[PDB]
> 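Lab note: structure loaded, ligand of interest is raloxifene.
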Amino acid sequence: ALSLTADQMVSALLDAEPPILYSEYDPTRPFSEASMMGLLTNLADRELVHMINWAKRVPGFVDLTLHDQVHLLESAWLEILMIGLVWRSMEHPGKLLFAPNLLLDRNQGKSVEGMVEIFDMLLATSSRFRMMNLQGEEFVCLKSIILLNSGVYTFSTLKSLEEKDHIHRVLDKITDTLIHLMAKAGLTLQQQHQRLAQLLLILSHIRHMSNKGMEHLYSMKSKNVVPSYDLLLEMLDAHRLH
Amino acid sequence: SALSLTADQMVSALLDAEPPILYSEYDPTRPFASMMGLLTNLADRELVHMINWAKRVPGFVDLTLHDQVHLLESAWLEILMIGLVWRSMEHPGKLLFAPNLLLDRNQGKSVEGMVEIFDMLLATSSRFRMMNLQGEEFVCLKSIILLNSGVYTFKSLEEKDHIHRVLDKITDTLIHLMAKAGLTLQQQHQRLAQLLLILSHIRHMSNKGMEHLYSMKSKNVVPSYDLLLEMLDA
Ligand SMILES: O=C(c1ccc(OCCN2CCCCC2)cc1)c1c(-c2ccc(O)cc2)sc2cc(O)ccc12
Ligand SMILES: O=C(c1ccc(OCCN2CCCCC2)cc1)c1c(-c2ccc(O)cc2)sc2cc(O)ccc12
């Protein structure tokens, strides 16, 4: 993994991209605002399975222990859902494209108590992507950075010092990769550094939205909010029988 | 105008703007639970010095008062935390809230819900330590937190463009520092990225800290709009 070129890094990330899923309901029937959370929950749950298989294709990720793979996904899963949402919504001002058949605006967000504030933050992030003219190759680098970065500070065993050093090396490679993309695009050295910072600073906002969103989901008092250790392990820990 | 400062002038302005290190307010002859009262009192006194510092960050006072207040509302606990982490850098295993208030994680356990965030703060300090973070870099990072934390949640696009122009100059300033220190272009990029990724962790800690503070049902957690505006002293 640490021997990939920038071009190989981009290529592997582009190839790992998960599909765009649809909301599960009959589109010949009228839409009901009262079904919204149900629809969003079912969508998130199905997306999680594809997220696990995307994560396994992120260079350097399966080199980690399964325990650490689980912890990174525990920390990052809602951030990853959210940056994916923002990316899908970038070309639809004022809207959030949860699915091609589930395109919502903030007035619809208002029907769920406590949701509109987060809605508004997601919309502003989509606006920022648009203002920056964020490219696909840049987007997949950012999403991989979220996966590797978000949980790396909340995990001192010898094996684990080895894990953190590996993560930091892979992160350095993704930085090189972003710079390569920007250079190949024709940006000056000054413009490369400035845009690199602009991209990375957005990740602080994505982390903020993830924490506000998590607090919001917990406030709904559903039985199931986060993916369990066991659920994630089961999905991550495949046998070699297939 | 602020946008015309050189990288060297930006660094000097930020170093000179640095706030003082305050002490905890307690009688050291008296027996030492009341931990939260001490920390609350400390943070409350730190805030006015934070406002004086923000007014000295180049470009900040070119914003409307309304927008200055919004930025401080968003950033104040992050700023207190990166300050704590910086002060704690040479004290492995402990958090230097003040020179007369140096606590370890065992003392953090005495307050329900605190030790998890305590541990995150200690880890961030260790990361700064291992990166050999310099004072010149620290004051750039802290200025970035002030300008960046609220910029995605706001004439208004003129204000945002201004903020992003100032952020760009601080990026330029960070790179300049690293170049003078003899880092290669590759190392310059990589170090900039490593520093900015730590800011996501600091945002995370601020979020969890805020939840914790709210979970204690205290008199009040966030500084009000009116308090901040008053301290800005129009
Ligand atoms: O609405 C959701 C959402 C709903 C349920 C979720 O989790 C359901 C619990 N489930 C339990 C098993 C493990 C996986 C999660 C997650 C997101 C989405 C979001 C959200 C927005 C605002 C807010 O205040 C809270 C969340 S963002 C998002 C992106 C998606 O691709 C899908 C759903 C979503
Ligand atoms: O303990 C505090 C703290 C206590 C009270 C605070 O706010 C009190 C409310 N006050 C109201 C008027 C405006 C200012 C805030 C803020 C921080 C500090 C921190 C903390 C750590 C862990 C955790 O779970 C929660 C907080 S971090 C910190 C750094 C400081 O320089 C000072 C206090 C602190």
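Chain letters run A, B, ... following the sequence lines, proteins first, then strands; residues in each count from 1. Just follow the structure's listing: the first ligand is 1, and inside any ligand the first atom is 1.
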> In this PDB structure, which macromolecule forms the chief contact with raloxifene (ligand 2), named as in UniProt?
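Most heavy-atom pairs belong to Estrogen receptor.
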> Which other chains make heavy-atom contacts with raloxifene (ligand 2) shorter than 4.0 Å?
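Non-hydrogen contacts: B.
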> Could you help me figure out which residues touch raloxifene (ligand 2) at a heavy-atom cut-off of 4.0 Å?
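By heavy-atom distance, those residues are B/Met36, B/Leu39, B/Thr40, B/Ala43, B/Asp44, B/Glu46, B/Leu47, B/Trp76, B/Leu80, B/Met81, B/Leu84, B/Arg87, B/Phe97, B/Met114, B/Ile117, B/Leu121, B/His212, B/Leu213, B/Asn220, B/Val221, B/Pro223.
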> Need the raloxifene (ligand 2) atom indices (1-based, order shown) with element for anything under 4.0 Å from a heavy-atom of B/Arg87.
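Near B/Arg87, the atoms of raloxifene (ligand 2) are 31 (O).
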> Name the UniProt 17beta-estradiol-binding residues of chain B with a heavy atom closer than 4.0 Å to raloxifene (ligand 2).
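From UniProt's list, the heavy-atom cut-off leaves B/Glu46, B/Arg87, B/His212.
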> Tell me which UniProt domain of chain B holds most of the residues near raloxifene (ligand 2).
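Most contacts come from the UniProt domain NR LBD.
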> I need the atoms of raloxifene (ligand 2) closer than 4.0 Å to a non-hydrogen atom of B/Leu47, numbered in the order shown.
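Every atom of raloxifene (ligand 2) under 4.0 Å from some heavy atom of B/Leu47: 13 (C).
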> Go through raloxifene (ligand 2) atom by atom and flag the ones less than 4.0 Å from a non-hydrogen atom of B/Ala43.
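Contacts of raloxifene (ligand 2) toward B/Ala43, numbered from 1: 6 (C), 16 (C), 17 (C), 33 (C).
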> Taking only heavy atoms of B/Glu46, which atoms of raloxifene (ligand 2) are found under 4.0 Å from at least one of them?
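In order of numbering, the contacting atoms are 30 (C), 31 (O), 32 (C).
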> Which organism did the depositors list for chain B in the deposit?
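The entry gives Homo sapiens.
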> Tell me whether B/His212 has any N or O atom under 3.5 angstrom from an N or O of raloxifene (ligand 2).
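Yes.
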> Which of the numbered atoms in raloxifene (ligand 2) are under 4.0 angstrom from any heavy atom belonging to B/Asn220?
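Selected atoms, number and element: 9 (C), 11 (C), 12 (C).
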> Considering only heavy atoms of B/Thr40, which atoms of raloxifene (ligand 2) have at least one such atom less than 4.0 Å away?
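By the 4.0 Å cutoff, the relevant atoms are 5 (C), 8 (C).
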> Just jot down the raloxifene (ligand 2) atoms closer than 4.0 angstrom to any heavy atom of B/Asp44, in number order.
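Under 4.0 Å from B/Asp44, raloxifene (ligand 2) has these atoms: 8 (C), 9 (C), 10 (N), 11 (C), 12 (C), 13 (C), 14 (C), 15 (C).
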> If you count the atoms of raloxifene (ligand 2) from 1 in the order shown, which ones are under 4.0 Å from a heavy atom of B/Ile117?
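What qualifies from raloxifene (ligand 2) is 22 (C), 23 (C), 24 (O).
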